[PDB]
Amino acid sequence: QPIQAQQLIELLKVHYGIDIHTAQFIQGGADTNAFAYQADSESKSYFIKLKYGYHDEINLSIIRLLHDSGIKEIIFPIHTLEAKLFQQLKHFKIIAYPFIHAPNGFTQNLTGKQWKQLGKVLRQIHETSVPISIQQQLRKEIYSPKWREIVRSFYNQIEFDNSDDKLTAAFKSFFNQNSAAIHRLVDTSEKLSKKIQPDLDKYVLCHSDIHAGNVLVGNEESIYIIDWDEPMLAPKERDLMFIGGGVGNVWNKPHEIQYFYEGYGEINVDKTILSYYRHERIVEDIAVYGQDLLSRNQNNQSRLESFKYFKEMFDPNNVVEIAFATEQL
Ligand SMILES: Nc1ncnc2c1ncn2[C@@H]1O[C@H](COP(=O)(O)OP(=O)(O)O)[C@@H](O)[C@H]1O
Ligand SMILES: CN[C@@H]1[C@H](O)[C@H](NC)[C@H]2O[C@]3(O)[C@H](O[C@@H]2[C@H]1O)O[C@H](C)CC3(O)O
Ligand SMILES: [Mg+2]
Ligand code: NI
């Protein structure tokens, strides 16, 4: 909600030379730095992002590399009048894209054919060669204990309190009920991290967060991998962990996993790194949701979501049960 309709309209007119007659702010949003609007002209619809991050230029750098590489399953930004993929403004950055109406994977299942196409495209991304100038700017997999420590710092905080409101209490209670599994996730991630032999030579370009929510499933063959904010250099397992990973209660049907590899190309998958990620990723979520639900912070309009998502992870056939089900790797 930084600017208003008629304010974005002028900014798009001045910097993009586009004549928009209607623009609406969109809900959801990543949070903090991340606003999204739908702006329409007489003939087209645009999806506008007003970012406030730092890596936006290096990430645009990655889709620029992917577009050069011939990957069509990505939404290429719209050029500013200065031939740039983004317009640097006073306090924020503008990034326009054409508007894609397809629903994400949490709502639309992929057909066997689309599953093959996703495997084919992920392989393409992984096989993509990255210029050393970009590799030096991309974060690398260093198996940081950062999130495991934060979750542990929670261990000794889940105790009855009078200052906590209903939400905080319900969270501590839920935490206590699943304390065993929570420690197991942290311990298994820590354990597996030491069992892994870091071989920088086997690191490929990874999306790092390619679950169903980051896939727009259009008609057919018109699917799109979005959310290119965390690309990194790491083992391919960083991304393969999602196939059959169960994020969002989908992508948890074993028979689709084969459809996927049909296009990715059945190859050797390190079952240990693949298991590490499935555990570590949940540890990260526990840590992020945990901090939000404990800080108490009033401006936390997110606590509601954080709690819902937190518990969502422990549901039947969701990410926790799938990570624990080693026989699925
Ligand atoms: N080009 C686009 N056109 C239409 N909707 C889009 C477009 N890009 C993203 N979206 C919508 O926004 C949602 C979140 O996008 P994403 O890039 O993952 O942002 P965030 O990192 O905040 O989750 C997607 O589920 C989709 O509904
Ligand atoms: C910054 N990336 C996002 C964060 O990691 C976020 N957790 C703080 C993730 O939450 C999720 O893992 C998944 O993907 C979300 C990620 O895309 O998004 C779902 C809506 C909720 C989830 O629990 O299923
Ligand atoms: Mg997303
Ligand atoms: Ni193109």
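Sequence positions, counted from 1, serve as the residue numbers for this chain. Whatever order the structure lists them in is the order used to number ligands and atoms, beginning at 1.
This structure shows the drug at ligand 2 to be spectinomycin. Structurally, the greatest contact with spectinomycin (ligand 2) is made by what the PDB entry calls Spectinomycin phosphotransferase.
Binding site of spectinomycin (ligand 2), heavy atoms within 4.0 Å: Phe106, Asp209, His211, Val247, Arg281, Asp285, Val288, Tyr289, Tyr309, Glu312. The shortest N or O to N or O distance between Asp209 and spectinomycin (ligand 2) is under 3.5 Å. Where the criterion is an N or O separation shorter than 3.5 Å, residue side chain and backbone included, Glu284 fails it with respect to spectinomycin (ligand 2).
The covalent attachment site of spectinomycin (ligand 2) is absent, as no such bond is modeled.
Residue, atom and distance of the protein heavy atom nearest to atom 5 (O) of spectinomycin (ligand 2) are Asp285 OD1, 3.6 Å.
Listed by number with element, the atoms of spectinomycin (ligand 2) under 4.0 angstrom from any heavy atom of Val288 are 8 (C). Looking from atom 10 (O) of spectinomycin (ligand 2) to the surrounding protein, the closest heavy atom is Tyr289 OH, 2.9 Å.
The shortest N/O to N/O separation between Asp227 and spectinomycin (ligand 2) does not fall below 3.5 Å. According to the PDB, the organism given as the origin of chain A is Legionella pneumophila serogroup 1. Of the protein's heavy atoms, none falls inside 4.0 Å of atom 1 (C) of spectinomycin (ligand 2).
Note: no N/O pair closer than 3.5 Å links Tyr309 and spectinomycin (ligand 2) by distance alone.
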Give a table of atom pairs where an N or O of spectinomycin (ligand 2) lies under 3.5 Å from a protein N or O.
| from | atom 1 | to | atom 2 | distance (Å) |
| --- | --- | --- | --- | --- |
| spectinomycin (ligand 2) | 7 (N) | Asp285 | OD1 | 2.8 |
| spectinomycin (ligand 2) | 7 (N) | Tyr289 | OH | 3.1 |
| spectinomycin (ligand 2) | 10 (O) | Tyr289 | OH | 2.9 |
| spectinomycin (ligand 2) | 12 (O) | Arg281 | NH1 | 3.1 |
| spectinomycin (ligand 2) | 12 (O) | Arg281 | NH2 | 3.1 |
| spectinomycin (ligand 2) | 12 (O) | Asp285 | OD2 | 2.7 |
| spectinomycin (ligand 2) | 14 (O) | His211 | NE2 | 2.9 |
| spectinomycin (ligand 2) | 14 (O) | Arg281 | NH2 | 3.0 |
| spectinomycin (ligand 2) | 17 (O) | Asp209 | OD1 | 3.4 |
| spectinomycin (ligand 2) | 17 (O) | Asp209 | OD2 | 2.5 |
| spectinomycin (ligand 2) | 17 (O) | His211 | NE2 | 3.3 |
| spectinomycin (ligand 2) | 23 (O) | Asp285 | OD2 | 3.3 |
| spectinomycin (ligand 2) | 23 (O) | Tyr289 | OH | 3.2 |

